[PDB]
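A structure with acarbose.
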Amino acid sequence: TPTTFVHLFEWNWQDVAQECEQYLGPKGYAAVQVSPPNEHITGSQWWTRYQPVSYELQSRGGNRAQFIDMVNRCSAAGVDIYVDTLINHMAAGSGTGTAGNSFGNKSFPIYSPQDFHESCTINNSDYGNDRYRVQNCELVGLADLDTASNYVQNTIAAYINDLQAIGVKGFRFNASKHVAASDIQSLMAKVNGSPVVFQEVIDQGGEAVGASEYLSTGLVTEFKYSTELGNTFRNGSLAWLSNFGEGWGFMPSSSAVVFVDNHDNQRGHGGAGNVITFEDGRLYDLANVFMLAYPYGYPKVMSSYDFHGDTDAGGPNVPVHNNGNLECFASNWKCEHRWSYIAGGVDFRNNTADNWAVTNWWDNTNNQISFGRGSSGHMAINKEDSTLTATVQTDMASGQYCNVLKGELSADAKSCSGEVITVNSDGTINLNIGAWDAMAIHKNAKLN
Ligand SMILES: C[C@H]1O[C@H](O[C@H]2[C@H](O)[C@@H](O)[C@@H](O[C@H]3[C@H](O)[C@@H](O)[C@H](O)O[C@@H]3CO)O[C@@H]2CO)[C@H](O)[C@@H](O)[C@@H]1N[C@H]1C=C(CO)[C@@H](O)[C@H](O)[C@H]1O
Ligand SMILES: [Ca+2]
Ligand SMILES: [Cl-]
């Protein structure tokens, strides 16, 4: 069962199409979030994608034909496409777009100055006490669309419906806290069918606008998850995670989209240094293992590029699939979705989807934890400086299983490529996990 999606940040359409066929489909990823495919301002910075000029599908990722090719190929491989949709604003200032269209003074190919709110600036203090300014003023000078206007709603809905017609299955509504939830309710009434929609709402608490206001229009990004997980893995105790989720004050599990990090917070935009990213190596593997094994929310794995400290920089000048070479793991594309522990965690989640409970939780009161998903699977993380050798109880059938974080079961089910884990006749496992390592086993990776 598909349970996890991935964000292939700044990947062009040809690269995404091949990745769906060679990796994502076979490994079981449910979908892919792509960078904004609509016309945007020229420039090499990654953020140019968030300044639209029109809704024509001509962007840094490729042209319309290439985009369509990608949706078809991915769809054939069993992988959905989620489009990052800009519903709050248009580009700032004046210039030219990726399809040749020029714009200026709040005048675009599809919008006139009267289709925007009167200009004003959102100040940092407005988030805590002025809901009106947060939703009607400009975010960093971006022209603010009059989202209450029937013309504007019809225009955005037509783009969304056009994308569904092509075959797109879902949408990420970017900068949603800056649009009144009621404006989104009206917009959705114009959208055909019921696609998967997740709204980017950054709410850490104490804001004039809350994430709970968006629960009725689709899923919502739970940013507290990313910050609390990072804070616990770096400065707290893993034993504290025994009741992670609604117990910590997060939104309902069935409404939340979660992640260890995202494209914004891994570079400072809306997230502090406690956020864990690819730069943290093994800490990142372990954080992902917990997230994928834990039954809270709909997770999305991050897929980045080494930005070399430059937070405005765009991606590598070389494709991922470069003439038979995979430009992964080095100083170009990081390809975290291909990392053994992460891919292994996705497999665990997919195979324990018939039991969403946390059973037999165990911890050493600090950084050693273990828990199961009933008879469907069991896992353990060791973040202490010495070997975890405790005997833990599971609800699994006795036998030998592959630690899917380090390998996989052969086609004939007679061998594993990584270490074997034994479940004794009484259901117990005598653990043997080194410092900063983990293990996960499930009922569909049992040796014959
Ligand atoms: C016009 C504006 O362009 C750039 O701003 C970027 C952000 O740096 C980038 O993070 C991204 O913003 C997203 C944000 O991270 C996310 O939380 C939110 O939900 O969605 C945002 C995208 O919609 O994209 C924007 C837009 O490209 C520059 O970094 C900014 O400096 C720049 N502001 C300029 C321009 C003007 C007016 O001409 C001044 O008012 C402004 O002070 C100046 O700095
Ligand atoms: Ca707005
Ligand atoms: Cl997000």
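Residues 1-448, in that order, are what chain A shows, numbered as in the PDB entry. Recorded method is X-ray crystallography, 2.3 Å. Every number for a ligand or one of its atoms is a count from 1 in the order of the listing. Side chains included, hydrogens not; waters and symmetry mates left out as well; all remaining heavy atoms used.
- One finds acarbose in this structure at ligand 1.
- Lab note: most contacts to acarbose come from the chain UniProt lists as Alpha-amylase.
- Under the 4.0 angstrom criterion, atom 24 (O) of acarbose counts as having a protein heavy-atom contact.
- Of the protein's heavy atoms, none falls inside 4.0 Å of atom 12 (O) of acarbose.
- With hydrogens left out, the protein atom closest to atom 14 (C) of acarbose is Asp264 OD1, 3.8 Å, a heavy atom.
- Less than 4.0 angstrom separates atom 2 (C) of acarbose from at least one non-hydrogen atom of the protein.
- At least one protein heavy atom sits closer than 4.0 Å to atom 32 (C) of acarbose.
- According to UniProt's substrate-binding annotation of chain A, the residues with a heavy atom under 4.0 Å from acarbose are as follows: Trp47, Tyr50, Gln51, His89, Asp264, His269.
- Closest to atom 17 (O) of acarbose among all protein heavy atoms lies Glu200 OE2, 3.6 Å.
- Protein heavy atom nearest atom 43 (C) of acarbose, with residue, atom name and distance: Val140 O, 4.7 Å.
- Here the heavy atom of the protein found nearest to atom 22 (C) of acarbose is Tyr50 CB, 3.4 Å.
- When only non-hydrogen protein atoms are considered, atom 20 (O) of acarbose lies nearest to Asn174 ND2, 3.1 Å.
- Taking 4.0 Å as the cut-off, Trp46 counts as a neighbour of acarbose on heavy-atom distance.
- At a cut-off of 4.0 Å, no other ligands or ions are listed near acarbose.
- Looking at acarbose, you won't find any N or O of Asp312 less than 3.5 Å from one of its N or O atoms.
- The deposited model shows no covalent link between acarbose and any chain.
- Looking at acarbose, you'll find an N or O of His269 within less than 3.5 Å of one of its N or O atoms.
- Of the protein's non-hydrogen atoms, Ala92 CB, 4.3 Å is the one closest to atom 38 (O) of acarbose.
- Taking all heavy atoms of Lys177, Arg267, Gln51, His89 into account, the minimum distance to atom 26 (C) of acarbose is reached by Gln51.
- With respect to atom 27 (O) of acarbose, the closest heavy atom belonging to the protein is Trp47 O, 2.7 Å.
- For acarbose and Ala175, the ligand atoms under 4.0 Å from any heavy atom of the residue are 19 (O).
- In this structure, atom 8 (O) of acarbose is in close contact with the protein, since a protein heavy atom lies within 4.0 Å of it.
- Residues touching acarbose within 4.0 Å, heavy atoms only: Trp46, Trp47, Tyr50, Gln51, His89, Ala92, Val140, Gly141, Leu142, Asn174, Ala175, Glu200, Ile202, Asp264, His269.
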